[PDB]
*Asks:* 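This file holds Tetracycline repressor protein class D with tetracycline bound.
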There are 2 protein chains.
Amino acid sequence: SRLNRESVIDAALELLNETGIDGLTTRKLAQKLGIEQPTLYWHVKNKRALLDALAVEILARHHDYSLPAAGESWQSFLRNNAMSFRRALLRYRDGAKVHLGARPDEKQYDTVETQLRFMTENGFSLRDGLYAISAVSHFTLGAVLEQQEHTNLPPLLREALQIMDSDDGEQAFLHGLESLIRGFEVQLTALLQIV
Amino acid sequence: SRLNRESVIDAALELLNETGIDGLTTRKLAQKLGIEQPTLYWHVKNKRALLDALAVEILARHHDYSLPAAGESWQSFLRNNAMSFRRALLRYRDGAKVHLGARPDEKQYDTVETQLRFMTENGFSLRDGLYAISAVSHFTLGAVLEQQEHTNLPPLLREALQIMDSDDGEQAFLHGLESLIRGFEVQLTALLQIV
Ligand SMILES: CN(C)[C@@H]1C(O)=C(C(N)=O)C(=O)[C@@]2(O)C(O)=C3C(=O)c4c(O)cccc4[C@@](C)(O)[C@H]3C[C@@H]12
Ligand SMILES: CN(C)[C@@H]1C(O)=C(C(N)=O)C(=O)[C@@]2(O)C(O)=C3C(=O)c4c(O)cccc4[C@@](C)(O)[C@H]3C[C@@H]12
Ligand SMILES: [Cl-]
Ligand SMILES: [Cl-]
Ligand SMILES: [Cl-]
Ligand SMILES: [Cl-]
Ligand SMILES: [Cl-]
Ligand SMILES: [Cl-]
Ligand SMILES: [Cl-]
Ligand SMILES: [Cl-]
Ligand SMILES: [Mg+2]
Ligand SMILES: [Mg+2]
């Protein structure tokens, strides 16, 4: 079949949904594509390189809210961005694991950059903007990982574990997300006051 | 050598630090212990079972702040608990990954339970206590995973990536942790007011 980048990634994503991250191999990708392994090697040098590309592509394809709208607030931006990031990570099997093992690609540099400039333009120091953005990313990645890796009791925990498996985790995610955002705002507004 | 539970786990933890999670195998554990594989199988049935036990043991050994002190506030408890949980997850290679893939063990049921009762005894509904505790756990797991898996630029990002690799991640972690805790308190205090 065709072995241009876009096609190889299409097939590897399809493969990822079939096998998950641990079970994805270049050998099975060759098989899926109808080719021999040394043919694949010309195109894709190893699993690490494949996963690096999948991490970038998964965001490029599906992470629709990386940039703020004209005039949007920083609260609203972080909210929408977190929800988009969560959604994209959920779309493929082990997507958060794929995301974690990879590097902040040159092809996205300018996206991140803009997000950091945006925070700063709304009153955060670089440091605080970064921390805000990192806390959101880590909270979101954590919540998704636990959702995806989720694949006799005491009473509270019995009702916790029922409550906990009542939807996708969307409720607990969204509730935490507001908590975090309000905590950032309380910090931003305080300036040099003891808070 | 000796193949009682405690010894097998000692050796598997030592092995985990040598190989990481992907590279830990029952075969290499047998090797480390000076035994044949079928001897190991009597004791440990597969990797999944090994990892399940390591996840529990890593907390039991090293997670010193699972229960609140007499009279401690819920803010203080969550803070200390998060820091303890982070510390324990960091102690072994891929510790957060080991933690994620495992299940909330019967041997800890009563620890979690108590934490959930404690939140509730301080004014949270079960739901909110749970969410608070889950957001902390997910934020912490996310931050640790990214620390552990962390193993030409634009300016801000250049200074972000320098700032970001200035310590262990302890600063960004602790700053987010306070944000989250304050966000929980703002929610708890508001009751039925629009907030
Ligand atoms: C908050 N939200 C989840 C952000 C986002 O939506 C991204 C995007 N491409 O649209 C990320 O890459 C984003 O999701 C993301 O993963 C970001 C990063 O990983 C990093 C790392 O590791 C180091 C320095 C800077 C960044 C970053 C500023 O680009 C991060 C931006 C993250
Ligand atoms: C907040 N802090 C990190 C808590 C903790 O310190 C624990 C401990 N053993 O001391 C956990 O097990 C704790 O770290 C932890 O992982 C908890 C859990 O995973 C769960 C899951 O998955 C489902 C229901 C309930 C729990 C829980 C209440 O036991 C969680 C308690 C977590
Ligand atoms: Cl071709
Ligand atoms: Cl292409
Ligand atoms: Cl491979
Ligand atoms: Cl807005
Ligand atoms: Cl023995
Ligand atoms: Cl023993
Ligand atoms: Cl194995
Ligand atoms: Cl206190
Ligand atoms: Mg990232
Ligand atoms: Mg857990």
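In what follows, every chain begins at residue 1, and chains take the letters A, B, ... in the order their sequences are listed. Just so you know, ligand 1 is whichever comes first in the structure, and atom 1 is the first atom listed for that ligand.
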*Asks:* Mind telling me which chains or ligands belong to tetracycline?
*Replies:*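 It's found at ligands 1 and 2.
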*Asks:* Help me out: which other chains have any heavy atom nearer than 4.0 Å to tetracycline (ligand 2)?
*Replies:*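 By heavy atoms, the other chains are A, B.
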*Asks:* Which tetracycline (ligand 2) atoms, with their elements, are less than 4.0 angstrom from a heavy-atom of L157(A)?
*Replies:*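 So the answer, numbered in order with elements, is 24 (C), 25 (C).
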*Asks:* Under 4.0 Å, counting heavy atoms only: does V136(B) come that close to any atom of tetracycline (ligand 2)?
*Replies:*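 It does not, in that no heavy atom of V136(B) comes within the 4.0 Å cut-off of tetracycline (ligand 2).
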*Asks:* For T111(B), which part has a heavy atom under 4.0 Å from tetracycline (ligand 2): side chain, backbone, both, or neither?
*Replies:*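 The answer is the side chain of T111(B).
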*Asks:* Within the protein, is there a heavy atom lying under 4.0 Å from atom 5 (C) of tetracycline (ligand 2)?
*Replies:*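 When distances to the protein are checked, atom 5 (C) of tetracycline (ligand 2) has a heavy atom within 4.0 Å.
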*Asks:* Is atom 18 (C) of tetracycline (ligand 2) near the protein, in the sense that some protein heavy atom lies at less than 4.0 Å from it?
*Replies:*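 No, there is none.
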*Asks:* Once you restrict to heavy atoms under 4.0 Å, what part of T140(B) touches tetracycline (ligand 2)? Side chain, backbone, both or neither.
*Replies:*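 It is neither; nothing of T140(B) touches tetracycline (ligand 2).
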*Asks:* Please state which tetracycline-binding residues recorded by UniProt for chain B are within 4.0 Å of tetracycline (ligand 2) (heavy atoms only).
*Replies:*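 By heavy atom, within 4.0 Å of tetracycline (ligand 2), the UniProt hits are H63(B), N81(B).
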*Asks:* Using a heavy-atom cut-off of 4.0 Å, name the UniProt Mg(2+)-binding residues of chain B that are that close to tetracycline (ligand 2).
*Replies:*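 Applying the heavy-atom cut-off to the UniProt set, I get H99(B).
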*Asks:* Check for other ligands or ions less than 4.0 Å from tetracycline (ligand 2) and list them.
*Replies:*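 Looking at distances below 4.0 Å, I see ligand 12 (magnesium ion).
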*Asks:* Could you tell me which atoms of tetracycline (ligand 2), counted from 1 in the order shown, lie closer than 4.0 angstrom to a heavy atom of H63(B)?
*Replies:*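 Once the distances to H63(B) are compared, the set is 5 (C), 6 (O), 7 (C), 8 (C), 10 (O).
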*Asks:* Check tetracycline (ligand 2) against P104(B) and write out every atom of the ligand that is under 4.0 Å from a heavy-atom position of the residue.
*Replies:*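 So the answer, numbered in order with elements, is 21 (C), 22 (O), 23 (C).
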*Asks:* Should you measure from each heavy atom of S137(B), which atoms of tetracycline (ligand 2) turn up under 4.0 Å away?
*Replies:*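 In order of numbering, the contacting atoms are 1 (C), 2 (N), 3 (C), 32 (C).
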*Asks:* With heavy atoms of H99(B) as the reference, note each atom of tetracycline (ligand 2) found under 4.0 Å away.
*Replies:*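 Answer, ordered by atom number: 16 (O).
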*Asks:* Mind pulling out the residues near tetracycline (ligand 2)? I'm using a 4.0 Å cut-off on non-hydrogen atoms.
*Replies:*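 Counting heavy atoms, it is made of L157(A), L161(A), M164(A), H63(B), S66(B), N81(B), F85(B), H99(B), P104(B), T111(B), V112(B), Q115(B), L116(B), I133(B), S137(B).
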